[PDB]
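Here the structure is laid out as structure tokens; the discussion comes afterwards.
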Amino acid sequence: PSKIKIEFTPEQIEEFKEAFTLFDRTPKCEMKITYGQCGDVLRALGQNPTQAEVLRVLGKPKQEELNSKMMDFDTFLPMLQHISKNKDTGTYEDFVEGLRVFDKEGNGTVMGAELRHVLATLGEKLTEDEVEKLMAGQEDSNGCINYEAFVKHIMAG
Amino acid sequence: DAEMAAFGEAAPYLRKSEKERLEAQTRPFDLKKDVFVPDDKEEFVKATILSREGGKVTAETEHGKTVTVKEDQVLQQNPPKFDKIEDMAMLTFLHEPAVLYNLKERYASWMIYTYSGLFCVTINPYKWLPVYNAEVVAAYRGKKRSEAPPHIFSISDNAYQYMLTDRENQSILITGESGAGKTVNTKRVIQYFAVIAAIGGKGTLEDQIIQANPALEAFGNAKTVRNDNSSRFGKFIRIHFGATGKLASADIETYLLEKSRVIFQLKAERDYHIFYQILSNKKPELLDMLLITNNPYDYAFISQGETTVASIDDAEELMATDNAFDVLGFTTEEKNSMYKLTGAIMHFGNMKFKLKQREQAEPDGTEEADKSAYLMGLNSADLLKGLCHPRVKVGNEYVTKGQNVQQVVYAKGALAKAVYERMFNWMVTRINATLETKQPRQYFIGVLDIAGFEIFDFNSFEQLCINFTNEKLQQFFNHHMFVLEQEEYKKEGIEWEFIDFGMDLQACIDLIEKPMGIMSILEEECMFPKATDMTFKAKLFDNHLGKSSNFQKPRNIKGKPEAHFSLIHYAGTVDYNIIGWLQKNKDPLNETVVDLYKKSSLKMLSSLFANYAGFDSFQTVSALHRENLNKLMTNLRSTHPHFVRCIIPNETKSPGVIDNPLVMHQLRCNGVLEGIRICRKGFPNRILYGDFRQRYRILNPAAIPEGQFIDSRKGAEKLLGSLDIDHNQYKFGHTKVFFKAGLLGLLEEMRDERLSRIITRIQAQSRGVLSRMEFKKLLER
Ligand SMILES: Nc1ncnc2c1ncn2[C@@H]1O[C@H](COP(=O)(O)OP(=O)(O)O)[C@@H](O)[C@H]1O
Ligand SMILES: CC(C)n1c(=O)cc(N[C@@H](C)c2ccccc2)[nH]c1=O
Ligand code: BEF
Ligand SMILES: [Mg+2]
């Protein structure tokens with residue numbers, strides 16, 4: 001559905017084009033990112049789409065198409081324009097409620113090992129490396145997480 | 001297949017394919033024409049209305065026979081979309097032929113389980129279907145009633161789900177007439193938890209729970225007319241779980257074993273399986289150890305009825321029994337002690353007595369007495385001297401009593417029943433010992449498998465105890481479904497009209513258990529030594545004929561055995577024979593012989609009688625039975641019950657054959673239709689406001705803002721109001737939210753889905769976080 005109206009200022013487009021160069025892994029600097037790089041670019045620019053939402057803008061790509069397929073800034077810009085047109089990303093209260101499902105006692109704390117396992121098995125499975133890096137020094141003296149704090153934490157930055 | 005792929009080869013026996021489903025929704029059907037009309041033979045028949053003149057409808061049956069009937073008679077068929085429905089509480093027309101035909105149609109497709117609102121119905125297939133494998137166990141695991149077809153594995157999971165959510169003990173109450181499928185389903189509930197446990201003594205706890213039943217059945221089950229594997233004792237199995245729902249432990253409580261069977265058999269029945277399994281000569285060593293022949297007709301105690309059953313391979317079953325003991329970790333000494341005592345019982349009945357020349361018994365030979373005493377670690381002379389001349393205390397000395405032949409014959413029988421019953425209790429205590437772990441318990445799921453309702457040509461004390469339990473359990477269902485249910489609605493201030501479903505058996509139960517009742521009169525009569533069978537019969541009649549509606553004169557038939565009264569039970573009128581209830585109740589034993597048993601050289605035997613005491617103590621069989629039954633019932637009252645109603649299809653053990661009047665009689669006396677009506681008409685699900693707010697705030701947190709105190713009821717009102725649900729499906733009580741049928745299930749589907757969306761949007765933001773960290777690094781270099 002590449003037929004989208006670009007409602008970004010001439011300023012906005014230049015700022016995105018500037019972050020875009022940083023992901024340019026090409027030898028000759030032909031200003032192209034792979035299809036696999038797209039998700040990381042959207043994320044760098046402020047959006048937090050789901051794996052599924054990214055594959056939706058990428059027109060459901062093949063495995064060795066994510067690694068081989070190239071895209072210029074002009075084909076990337078509508079993708080960012082569409083992704084930014086979704087703001088039902090979940091409120092703070094929604095996230096807290098989602099994690100409060102694992103607080104077996106309702107004290108406001110979930111076991112650190114439990115939250116890790118949840119993020120790595122349910123929904124869109126996160127890698128052991130992704131959850132290690134994300135749960136880095138987040139656990140208290142008891143090795144458990146204040147999920148209201150973890151939510152505030154991930155929401156900011 | 002799609003959703004049905006997880007079940008494998010079982011899927012066509014659980015849920016019909018979409019391709020099969022749509023073929024049904026195109027079948028010919030006219031709302032007006034296509035109906036149900038009664039039949040004197042086959043209860044009800046499908047028909048197409050031809051014409052009607054004078055409130056007399058004419059139509060053609062499914063057998064092609066024209067007939068004309070009145071007003072009430074004609075009942076509406078349910079449209080083809082409802083064909084083989086999984087929950088009958090979801091049918092547009094709920095009446096007797098609609099329930100019967102939905103069961104018949106499903107059964108015809110070998111779909112034996114059907115939901116009936118909050119409970120389940122199952123019809124005996126008389127055929128083993130590929131629906132009880134580990135692949136199916138895994139397929140049902142965690143599924144909600146919606147995403148999974150009816151099955152005992154489903155009932156089992158739903159019971160486990162409520163256990164962890166409510167942090168409360170649950171019970172699975174499997175009802176049915178002798179032959180219906182209670183034991184079959186009890187063992188499948190056990191299989192479910194044991195298989196699940198195997199995923200995340202000699203065998204493991206799971207192998208031991210599974211092996212507990214083949215062991216007890218060898219000794220406590222027997223072939224009767226209605227069941228080749230009848231349960232002659234009732235049991236309650238508690239499957240214990242830890243806080244996280246991990247299998248911890250299990251325990252078995254057994255109830256009144258049919259002691260009579262050990263030494264007595266009616267025309268069409270066998271003694272306990274074990275006798276014939278041993279006699280199979282599969283393990284020849286057992287016959288050499290037991291000093292027995294391979295012929296049951298050489299053993300008077302066991303050869304009165306039948307000795308072989310077509311459906312039973314006693315050689316294969318002996319192997320099953322012997323292995324069950326190995327898995328439960330019984331020692332060789334323990335196993336052989338049970339075998340030697342079974343053989344000793346066999347020899348005991350072959351002990352013959354004659355009168356001393358010129359009214360005292362003396363042995364008519366000693367060969368079988370020598371064999372019995374050898375196995376029982378006794379001196380044969382002491383045993384024969386002890387049976388013929390028992391010692392009775394004369395204050396500060398001991399005087400021997402005389403015994404005629406009938407008295408000795410009675411005594412050897414009684415001692416044999418005592419050894420057997422006590423050896424059974426030993427085995428239950430021994431099994432419980434292996435099943436007891438050091439592991440912690442939070443809750444349990446108790447399964448109840450009672451001896452089913454039976455009617456023989458000869459009904460005695462044994463049958464009254466058995467049928468009394470069935471009556472008591474049926475009334476537990478009635479009280480729970482129709483009494484408490486409606487009292488809850490009123491208690492909570494839910495606008496409700498009380499409904500008399502005509503499901504109350506208190507009248508009958510009272511005739512049996514209450515003071516001056518059958519059991520009370522029997523227990524009172526046990527106190528008087530002058531009392532006879534006729535004095536008891538006289539007391540019963542005086543106190544109840546023309547006074548207690550359920551107590552009637554016997555309905556005796558020419559050639560068929562004598563009866564003394566007829567009791568109108570829930571499942572039918574039973575003609576009882578009161579001969580020998582007094583001896584049966586007091587159960588007197590020759591204490592001189594019981595003393596030789598205590599001083600036995602067989603470790604097992606002395607242990608069975610060490611504790612020995614009993615009188616007319618002053619505790620009777622009926623008194624202890626009423627006591628244990630009330631203890632069961634009040635303990636079940638503190639559990640969340642789940643009912644499984646087993647229906648026997650026919651009296652010929654024929655697979656796939658339904659006897660319309662027999663299936664109908666069962667659906668009526670069980671109150672299946674009434675139980676579906678209360679689910680439909682009432683509010684089957686309900687949750688405390690605190691628990692509702694907790695569990696479903698996730699569905700829309702904005703309805704219950706986090707800042708302020710929101711009254712728990714106003715929170716529930718605004719939350720449910722905010723949802724895309726039918727706002728007529730819930731009502732507000734003083735302490736709970738009441739839900740019309742199916743709303744809780746939808747709330748759970750909505751919750752499961754919403755939870756997964758949140759996890760993904762949490763993970764989406766986590767991904768955004770990890771990526772922006774790596775972007776900051778790019779900005780550095
Ligand atoms: N679900 C079932 N699948 C296959 N056979 C069954 C099933 N239920 C009962 N049966 C058959 O019926 C017989 C009697 O069943 P059982 O459970 O022992 O009856 P009861 O309710 O008296 O304990 C079994 O031996 C078996 O042949
Ligand atoms: C049988 C009924 C009265 N009932 C309910 O209608 C709800 C119960 N508990 C709630 C909290 C629950 C919701 C979802 C899954 C399991 C339990 N308990 C109940 O006993
Ligand atoms: F015959 Be069943 F065991 F009630
Ligand atoms: Mg049984």
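In what follows, every chain begins at residue 1, and chains take the letters A, B, ... in the order their sequences are listed. For ligands, and for the atoms within them, numbers begin at 1 and follow the listed sequence. Heavy-atom basis, side chains included; hydrogens, waters and symmetry copies ignored. This entry, so its header tells us, was determined using X-ray crystallography, 2.6 Å.
In this structure, the drug at ligand 2, out of benzolamide, dorzolamide, streptozotocin, mavacamten, lacosamide, is mavacamten. In this structure, the main binding partner of mavacamten (ligand 2), as named in UniProt, is Myosin-7. The heavy-atom neighbours of mavacamten (ligand 2) at a 4.0 Å cut-off, by chain: B. The bulk of residues of chain B touching mavacamten (ligand 2) reside in UniProt domain Myosin motor. Under a 4.0 Å non-hydrogen cut-off, the residues that form the binding site of mavacamten (ligand 2) are B:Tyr162, B:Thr165, B:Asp166, B:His640, B:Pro684, B:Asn685, B:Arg686, B:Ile687, B:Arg695, B:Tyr696, B:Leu744, B:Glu748.
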